[PDB]
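Structure with vancomycin present.
Chains: A, B, ... assigned top-down by sequence line. We number chain A the way the PDB entry does; in order, the residues shown are 1-7. The PDB entry numbering applies to chain B: residues 1-315, 323-391, in that order. All chain C residue numbers match the PDB entry; in order, they span 1-315, 324-390. Where modifications occur, the residue is written as its parent amino acid or as X; contacts made solely by the extra atoms are not counted. So how was this one determined? The header says X-ray crystallography, 2.8 Å.
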Amino acid sequence: XXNXXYX
Amino acid sequence: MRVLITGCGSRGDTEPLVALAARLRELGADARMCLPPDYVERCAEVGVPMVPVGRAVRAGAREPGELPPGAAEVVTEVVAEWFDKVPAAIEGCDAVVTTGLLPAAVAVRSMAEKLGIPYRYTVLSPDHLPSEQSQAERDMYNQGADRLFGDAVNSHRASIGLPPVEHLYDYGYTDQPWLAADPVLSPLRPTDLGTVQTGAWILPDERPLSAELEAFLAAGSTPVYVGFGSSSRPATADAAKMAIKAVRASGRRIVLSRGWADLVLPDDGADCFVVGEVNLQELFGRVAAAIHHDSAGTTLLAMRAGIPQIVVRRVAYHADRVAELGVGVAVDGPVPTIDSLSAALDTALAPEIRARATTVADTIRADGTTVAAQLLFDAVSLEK
Amino acid sequence: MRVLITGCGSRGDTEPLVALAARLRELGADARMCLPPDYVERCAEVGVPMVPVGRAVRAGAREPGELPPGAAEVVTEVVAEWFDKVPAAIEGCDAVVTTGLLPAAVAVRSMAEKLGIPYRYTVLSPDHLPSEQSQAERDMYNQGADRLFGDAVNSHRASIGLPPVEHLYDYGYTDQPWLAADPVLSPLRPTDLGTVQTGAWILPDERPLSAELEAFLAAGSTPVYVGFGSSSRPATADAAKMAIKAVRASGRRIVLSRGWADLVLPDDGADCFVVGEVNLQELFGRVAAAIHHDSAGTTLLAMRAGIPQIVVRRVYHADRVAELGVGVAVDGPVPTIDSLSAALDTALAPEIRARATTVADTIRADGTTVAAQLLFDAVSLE
Ligand SMILES: Cc1cn([C@H]2C[C@H](O)[C@@H](COP(=O)(O)OP(=O)(O)O)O2)c(=O)[nH]c1=O
Ligand SMILES: *[C@@H]1O[C@H](CO)[C@@H](O)[C@H](O)[C@H]1O[C@H]1C[C@](C)(N)[C@H](O)[C@H](C)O1
């Protein structure tokens, strides 16, 4: 991954 | 002053930003926001100038098969999209506060750099502190971050003046990210001393309780709150069902929570009151205890209220903080047993526990957004 | 929680309903609609599932010489049609919200009665609540209605196992209709303290204006809006000509809405512009003032847009704007170029432009949410 979230 | 508050993510980590913003305004400061499209309604019902950016977070508010902003296949679009629409919004600004999606964070930090203004990144719990991670873990973050959107970042930094950066995780989170969580519920660890904790950022709730509920509350013995969130997950419904039972088993009335998507309830003995978009701030102060899921938002509201609480832990952070403080009980497992929830309730309803929950509440802060504001003001006053 | 929203009426009686439906679906609840054929494209556009029922309301939408759904003639067909198409839509709902044509509203309330789910009827102007009606004329309404469709109603009512009802006016509107209008603009009168005023139901529009409309707005001075929405009486085309003149006499450009009247600009002049469907919320945020008809919807969209307005009298909102001191009323249907120029002069005065943008923030924007939570509480209690 590498971007985060939280969706 | 004028402050830009950006962020890309769910309602849990976005609502705090809307709260800081609304507060900065109450203090006479032109605070504007940069959020995903699905938050316009919200910024409307609170009155905060907000300029949309990127794909929408909420799947529903999104086109047919349109990937979400966290999708790997659109990091680059994310970087570009932000780096593009942010300049207009960060026009006359002396400070920037961000949270959420790293790609968009790195993008925003750059406009802050170009424009020479101060930038602050905030996290909602100590777990998410860079300082609470291993030196190696931090290396995976930066590596993966760089390997994922690094090129796209440096291409737009170049395409506008700024020099190439490396370690996008350290770059976006900052050496010392702000922690907008309450010090009593989310205390710092001995490894985070150099960190600034403002307090939780919660939006004040003025809404009164409906006449029916007021009627219910008044009409008898103080009820117990049971609420497990908006999770439609089958287990969540079973836990709720099991809690209604533990509460009845204790000869107590109930104020139960239900989502907009749930099926109507067959019937309710006059001892159960279903409640929807209610003001939890005002309601918690009207009940004997709260049985709920492992959620910081509900946990804090309950703690501020000073009511004992029963927390069903996930698969367990807050659940246990409640017991550490000796203010509630962490029953566990997806679906606890009637016996399990019944023994917890018996403890929760104990006078000594209620006294402890009361003592604790006397120690909880309600000025995070103001403390945050005072920090921002001083920032501009020494860096701009 | 499925909610069925229905009605038969002009675009102003529908747009607010489409807003509650869109909001409900945004909140997690579900919504379905039963509306006249005219709004299928509009609903598809907002993404709200809708079942087309009955004749089209807009005159130019039906065959020539064809009667409208309000015409006493068709009444029995209307009643019959709704009792026939609503079940497929209402099956599985937990409540229902209506507005518009009484004969259709009663058919719906009956089918809701059979299912055991709460029903609510809404009005868009306080002066339409049965409590601002002399309990004399109220009797005329019931008598009138009971005689017009009454029998047909109880007929179908019978076909599904229902006991007959009388006083169809109090049934359609119920003993406590809702007022989906904003407090600052449409305040309740002390003769109706009880009623529930939720605040206007507005649907945050995100549609962009066309490229040409943008080009216009850019290539020149800021224009005055002229439009009469669903108005389709003959005078309308004349009233539009008098307003265009008044604005041109002032030396300002204009944006004209075709509306249900299919108005055409008087000439190929380049200082004007005709639009069809359009994001009024957006456009209103880009004009100097608006000259329009007396209507709940447009008066509020302009009022929350912070612009001065000129309202053309019939021969409620006209005055409401006057008193709030944000615009001017002028007699009609076809106003004189003088009055309009006098108004366009008062209205664009530094005094009004001020109060206009002041009264804009006193406007509630949580209208559909309040109604939503009221429906949630209903479904539980009842
Ligand atoms: C003409 C037009 C109207 N509207 C909507 C916004 C208004 O709230 C709604 C109803 O207007 P309203 O004037 O209340 O009713 P009527 O025109 O039937 O007398 O119509 C648009 O969104 N776009 C348009 O192009
Ligand atoms: C997300 O990354 C930050 C980066 O610095 C870490 O500090 C944090 O611990 C990490 O969050 C955890 C816990 C969480 C939020 N529940 C998720 O499971 C993520 C994937 O991991």
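- Counting every copy, the structure places vancomycin at chain A.
- Per the PDB entry, the macromolecule making the most contacts with vancomycin here is glycosyltransferase gtfa.
- Other chains contributing a heavy atom less than 4.5 Å from an atom of vancomycin: B.
- The source organism recorded in the entry for chain B is Amycolatopsis orientalis.
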